[PDB]
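This report refers to the structure that appears directly beneath it.
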Protein chains: 2
Amino acid sequence: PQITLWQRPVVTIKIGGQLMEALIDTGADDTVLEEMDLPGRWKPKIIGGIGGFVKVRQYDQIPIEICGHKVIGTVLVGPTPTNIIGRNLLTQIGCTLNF
Amino acid sequence: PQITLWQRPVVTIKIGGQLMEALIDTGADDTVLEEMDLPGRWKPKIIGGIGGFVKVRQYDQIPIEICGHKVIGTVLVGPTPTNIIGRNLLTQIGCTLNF
Ligand SMILES: CC(C)(C)NC(=O)[C@@H]1CN(Cc2cccnc2)CCN1C[C@@H](O)C[C@@H](Cc1ccccc1)C(=O)N[C@H]1c2ccccc2C[C@H]1O
């Protein structure tokens, strides 16, 4: 589709059988999701945003369905207000930026 | 142009006659530039992101230029490693996400 930027570009993704909202973030390199206990072994990473550095749990080779498109990648899980999907999963669905 | 997300989306902008580089960030409501002086007056503003809140300086009506298109808008200034082009200015140049 052709999504405009007058509002926050939110889409629906599917993580382990649960449907949730997420933000298309081209400034985020990675995908940071909310608090959930995902199946698998995690390892800590400390990422840094606009208001500080956060301690997230890194999960590898996790299956995500972004709008019916089953893709795969790394998802960091930590204390974030909104689910955010970054450039790592976006390239997988072919998402571009036009103007 | 069409821009993909394999490498981070950086464009060459002109603010104050000097050429800078900035990140087209659709996950950012506002536009935040690196600490500098802009030839307008400013008021304080508290924005929030990953980690927490931070205090920035809100300058209004600054004449920026993103890839040929000359825009005028609200630009924030604060502590950041990268210049960020938020949705307020992106809607002004017609940016859209396509997939
Ligand atoms: C992977 C990770 C998430 C840690 N990366 C970032 O947060 C980057 C960091 N860089 C580089 C960087 C900058 C400073 C320190 N470390 C790294 C600058 C840009 N942020 C990208 C932003 O797009 C992230 C969003 C996330 C968000 C959106 C809505 C709700 C909460 C959080 C962001 O912070 N946007 C906020 C935002 C941003 C600008 C202006 C106003 C606002 C309000 C909101 O839109």
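Going down the sequence lines, the chains are called A, B, C, and so on. The residues of chain A that appear here are 1-99 by the PDB entry count, in order. The residues of chain B that appear here are 201-299 by the PDB entry count, in order. Every heavy atom of this structure was used, including side-chain atoms; hydrogens, water molecules and symmetry mates were not. Each ligand, and each atom within it, is numbered from 1 in the order the structure gives.
Here, the main chain in contact with ligand 1 is recorded in the PDB entry as protein (protease).
At ligand 1, of the options indinavir, farglitazar, danoprevir, the drug present is indinavir. Other chains having non-hydrogen atoms less than 4.0 Å from indinavir: A, B. Of the options A:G49, A:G78, B:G249, B:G251, the smallest heavy-atom separation from atom 7 (O) of indinavir is shown by A:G49. Comparing A:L76, A:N88, B:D225 by heavy-atom distance to atom 22 (C) of indinavir, the nearest is B:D225.
Atom 42 (C) of indinavir has B:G248 O, 3.9 Å as its closest protein atom, hydrogens excluded (heavy atom only). Under a 4.0 Å criterion applied to the non-hydrogen atoms of B:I250, indinavir contributes the atoms 3 (C), 7 (O). The ligand atoms of indinavir that sit less than 4.0 angstrom from a heavy atom of A:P81 are 31 (C). Of the candidates B:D230, B:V254, B:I246, A:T82, the one placing a heavy atom closest to atom 31 (C) of indinavir is A:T82.
For atom 16 (N) of indinavir, a protein heavy-atom neighbour is present inside the 4.0 Å cut-off.
A heavy-atom separation below 4.0 Å is not found between A:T80 and indinavir. The shortest N/O to N/O separation between B:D229 and indinavir falls below 3.5 Å. Taking atom 35 (N) of indinavir as the reference point, the nearest protein heavy-atom neighbour is B:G227 O, 3.0 Å. In this structure, A:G86 does not count as a contact residue of indinavir, since none of its heavy atoms falls inside 4.0 Å of the ligand. Proximity to B:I284 (heavy-atom distance under 4.0 Å) selects the following atoms of indinavir: 18 (C), 19 (C).
Ranking protein heavy atoms by distance to atom 5 (N) of indinavir, first place goes to A:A28 CA, 4.2 Å.
At a heavy-atom cutoff of 4.0 Å, indinavir is contacted by the side chain of B:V232 but not by its backbone.
The site surrounding indinavir, defined by heavy atoms under 4.0 Å, contains A:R8, A:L23, A:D25, A:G27, A:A28, A:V32, A:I47, A:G48, A:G49, A:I50, A:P81, A:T82, A:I84, B:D225, B:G227, B:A228, B:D229, B:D230, B:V232, B:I247, B:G248, B:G249, B:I250, B:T280, B:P281, B:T282, B:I284.
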